[PDB]
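Structure with d4T-TP present.
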Amino acid sequence: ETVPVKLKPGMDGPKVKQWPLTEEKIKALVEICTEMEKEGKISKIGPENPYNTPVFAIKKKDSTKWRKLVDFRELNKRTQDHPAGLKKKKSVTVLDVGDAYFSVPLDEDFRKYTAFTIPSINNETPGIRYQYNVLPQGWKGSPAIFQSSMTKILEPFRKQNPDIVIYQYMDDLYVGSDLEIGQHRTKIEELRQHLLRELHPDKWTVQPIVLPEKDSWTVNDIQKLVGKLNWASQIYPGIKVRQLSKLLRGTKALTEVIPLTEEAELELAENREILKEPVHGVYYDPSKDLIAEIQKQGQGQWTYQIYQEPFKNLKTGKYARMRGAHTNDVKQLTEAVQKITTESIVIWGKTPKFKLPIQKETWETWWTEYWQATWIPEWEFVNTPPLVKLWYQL
Amino acid sequence: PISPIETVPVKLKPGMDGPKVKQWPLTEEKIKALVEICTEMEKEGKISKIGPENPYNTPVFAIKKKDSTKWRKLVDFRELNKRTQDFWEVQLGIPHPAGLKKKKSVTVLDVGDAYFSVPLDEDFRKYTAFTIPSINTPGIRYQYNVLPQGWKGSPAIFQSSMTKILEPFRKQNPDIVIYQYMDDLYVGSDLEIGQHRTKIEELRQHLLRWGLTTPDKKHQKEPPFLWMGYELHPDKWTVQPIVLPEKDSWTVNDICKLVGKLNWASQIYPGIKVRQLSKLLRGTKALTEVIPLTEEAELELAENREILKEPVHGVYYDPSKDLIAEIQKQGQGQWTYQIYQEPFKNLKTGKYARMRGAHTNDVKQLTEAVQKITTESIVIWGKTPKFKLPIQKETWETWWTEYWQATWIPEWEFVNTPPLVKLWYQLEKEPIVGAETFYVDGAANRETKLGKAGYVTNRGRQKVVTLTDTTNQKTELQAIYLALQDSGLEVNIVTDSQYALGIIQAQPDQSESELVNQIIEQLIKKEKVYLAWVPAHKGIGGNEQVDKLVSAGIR
DNA sequence: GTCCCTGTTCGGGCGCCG
DNA sequence: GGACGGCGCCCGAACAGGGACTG
Ligand SMILES: Cc1cn([C@H]2C=C[C@@H](COP(=O)(O)OP(=O)(O)OP(=O)(O)O)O2)c(=O)[nH]c1=O
Ligand SMILES: *P(=O)(O)OC[C@@H]1C=C[C@H](n2cc(C)c(=O)[nH]c2=O)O1
Ligand SMILES: [Mg+2]
Ligand SMILES: [Mg+2]
Ligand SMILES: [Mg+2]
């Protein structure tokens, strides 16, 4: 017996066009969909269903197995409507329990909104269209409708391990503990056996705003410092640029050396102190969206901020790949998006909306070649001002 | 005959009804054509005579077919189309010959009266009512029982029904390739000719079992096969020729035709250009307005005509070999490319000339051409090509280091064919010793649009220019331009405009702004430019002085 | 807020296919 | 002549954001 589900009032289903797929991904989708159709999990449909949702596939690392992935972001937006200890455990493993969802039927009236279309190489055939009959992987409604079965399944493992923290976010279990990694993996295998029916969050650190150290300062150095401190005062009202700025009176050469007064030196040391204190008055709002901004600092370096209101950052961090003899900005950005989203899920249970510093077309040409999660966050494309890149640079 | 496939259920949009539209006068030749067509369709059950219980009607006509010997019945279903439910179209793109592989045996065949062989949902039939006027004799009323031509549901319902019908055959014959473009079937196989022909007969009997005839008239058995507007020879494909208009006065419609034909030609003709001819359509009034060819458009059209006088062909895809894409630059943001596997044997060609953004440079445009080609390659061949680009590795290295955005080009090798793509100037990372320091600024009054732009310099020089009908952003750009004009080969410039800084920092060499173009010319002239930012109205020295100066008349 | 400037989407011509 | 659907190109209209400004 199914659970009747509805769209949010006044919203029609998704009508998102299918984007080009590589030969590999099409062949994997055709095989996967053949098996799913032969098991009743999906049905071929026609064009009289006006809905569509893009579909692709990802081949997990060192794995010969492909995984189908539906981009249910639009449908999840339109579909009707957290353990603090998880972010503290020594180690956290992420299990892909999405297969379970195919055991539960989907409300017959809702199935039409899960339509998707397999393309073909060189448009040999028209697109081939399916809809779901079961709880789809990637749909907001699947973990919800399944939560009771999930809890009934997990009850005894939780009773026998009260120190373990298990958290569900849509297709995944996040299992965290304080065990030696060998005992930890042994317990994880106990769970993966029980379900026949690696992260280390306490090492995530915050990336503070930092000020240059110099024994000689030019007019240019001080101008730069004063602009950076002026920007930072919006995050930290204690920042003051009175005396440093006082040193810049007149109309001076950029390379003129300015000796720092006592007052200016003390102002600088006080600002260095103030940038240590945590940002005051920043409270997570569940009903609002997490916004993640990323900046390319260059040389494999990336900085990011998670906030909900401007300058009220909930977190600031960095992702720092290595030298980069053959470096791929888009790959590294995709990896950074996945890491930041993983952190957001662990800490708050939401995924962030990403302001991505890339051209839309670059991103859409390549990001699915580096994707490895079963979720996809919302995002948007921004032309960052190089000023903020300089502000967060390390 | 009529396919026994199940019908596709269709409804009208909520709270709407069927068309009630008077039949218009047809000529007698088309009345006779329609009468003969309709008496035969009615004998076959494809249309049914309706009575007075049917309140609906929509106009009918007929036109010649490609085979000029035959007529085609059409219905102006625009009103019923408005009132019909939405569909998800299943034709995702157009197949392309450069994506065909070498096959031992090939057949191209066509379905006879394809639409009229697919049944229509019974509940919907009444909305297809029409009327044949007589050469007065009374005129006969009908409705459709099969798919009509002019209805918006027909193409998708037919393409989907064709796919369902071909599925059992495709399953039994995984290694026979059937390109299915609406009702035209290209069929290729790795069989000897006798066994191929036998398989073709099996395919024809399979279709006939499902109600689709394949008239021999449209059964191509010998090369060159006529397919999708191309000629498919055994080892090369050609495009059936392109006749450009040779008119003397040119209207907007004439230019749309010319540009469409050139774009079509650019899939196999290298070097086609449409920049001038296209910008010649900016802000036009209507299709009939007469545009005079600018001398630039004249020259471009002449070059294209010479290009098109040349003989050219494509080759087929060999999946065991790499795809290579070589890009070439022409001016005004125009690029061409060739995709090939063997050195001088194009699979296809293309052009990219889209103008993205108010301000840009040649490295950005090259990156977006690479992106366009990558996704086109994925559609056609399902894989990404290896690139050959007219840009030195160090140029790209410099840009990817400097550029504050994520940017990337796939596997690529430098190609020494000029015009080489280069950055035309580079901002300094540090202030310059010995170069004068200009503090620049601009103010503009939002009411009067009067403004001022100017600089002070650490060596005591000051200048203020007044401007009419201007904006704050424009005065900031003007102040930068002025400092550039009045400085030596090396110069430090301090601005407070993150607008202007954001523009110049991204190193444009083209812009749609005349002022930004003048600035770019100055930047190219300089040996060294260092451009710093400070916050406005914070009293930072130098900036304070110039802000005071340019605010005098304006704030 | 308003004004300015920039980017994106979408509809309307034309090309091509059936 | 003229009806339909697909894809392509190009351009302009109607949006959407973000940065500077006024007293
Ligand atoms: C060329 C064309 C086609 N169509 C629709 C209708 C039939 C299918 C196939 O086209 P067709 O092969 O030329 O017409 P068809 O009805 O099959 O008849 P035949 O002449 O091939 O026997 O696409 C259309 O609606 N408008 C058009 O201009
Ligand atoms: P649809 O049935 O309109 O497909 C076009 C069909 C296939 C080939 C045939 N054809 C024949 C000839 C002689 C020609 O010059 N062009 C052409 O397309 O029409
Ligand atoms: Mg036909
Ligand atoms: Mg045909
Ligand atoms: Mg200013």
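Every chain is numbered from 1 and lettered A, B, ... according to where its sequence line falls, protein lines coming before strand lines. Counting starts at 1 for both ligands and their atoms, in listed order. Side chains are part of it too, since the values below use all heavy atoms of this structure and drop only hydrogens, waters and symmetry mates. When the header is checked for method, it gives X-ray crystallography, 2.5 Å.
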- List the ligands or chains that belong to d4T-TP, copies included. ligand 1
- Message: Could you tell me which macromolecule makes the most contacts with d4T-TP here? Its name in the PDB entry would be great.
- Response: Reverse transcriptase/ribonuclease H
- Message: So, with a 4.0 Å heavy-atom cut-off, what else is touching d4T-TP? Just the chain letters, please.
- Response: B, C, D
- Message: Considering both backbone and side-chain atoms of B/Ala114, is one of its nitrogen or oxygen atoms within less than 3.5 Å of a nitrogen or oxygen in d4T-TP?
- Response: yes
- With respect to atom 24 (C) of d4T-TP, which of B/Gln149, B/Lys218, B/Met162, B/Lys66 exhibits the smallest heavy-atom separation? B/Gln149
- Below 4.0 angstrom from a heavy atom of B/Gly112, which d4T-TP atoms are there? Numbered from 1 as shown, please. 22 (O)
- Task: Look only at interatomic distance and state if B/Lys70 has a nitrogen or oxygen under 3.5 Å from any nitrogen or oxygen of d4T-TP.
- Result: no
- Message: Okay, about DNA chain D - what name does the entry use?
- Response: DNA template 27-mer
- Item | Contact check: B/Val111 vs d4T-TP, nitrogen or oxygen atoms, below 3.5 angstrom | yes
- Option nearest atom 18 (O) of d4T-TP (shortest heavy-atom distance, choices B/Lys73, B/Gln159, B/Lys65): B/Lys65
- Tabulate residues with any non-hydrogen atom nearer than 4.0 Å to d4T-TP. B/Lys65, B/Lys70, B/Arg72, B/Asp110, B/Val111, B/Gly112, B/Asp113, B/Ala114, B/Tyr115, B/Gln149, B/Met182, B/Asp183, B/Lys218, C/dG18, D/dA3, D/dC4
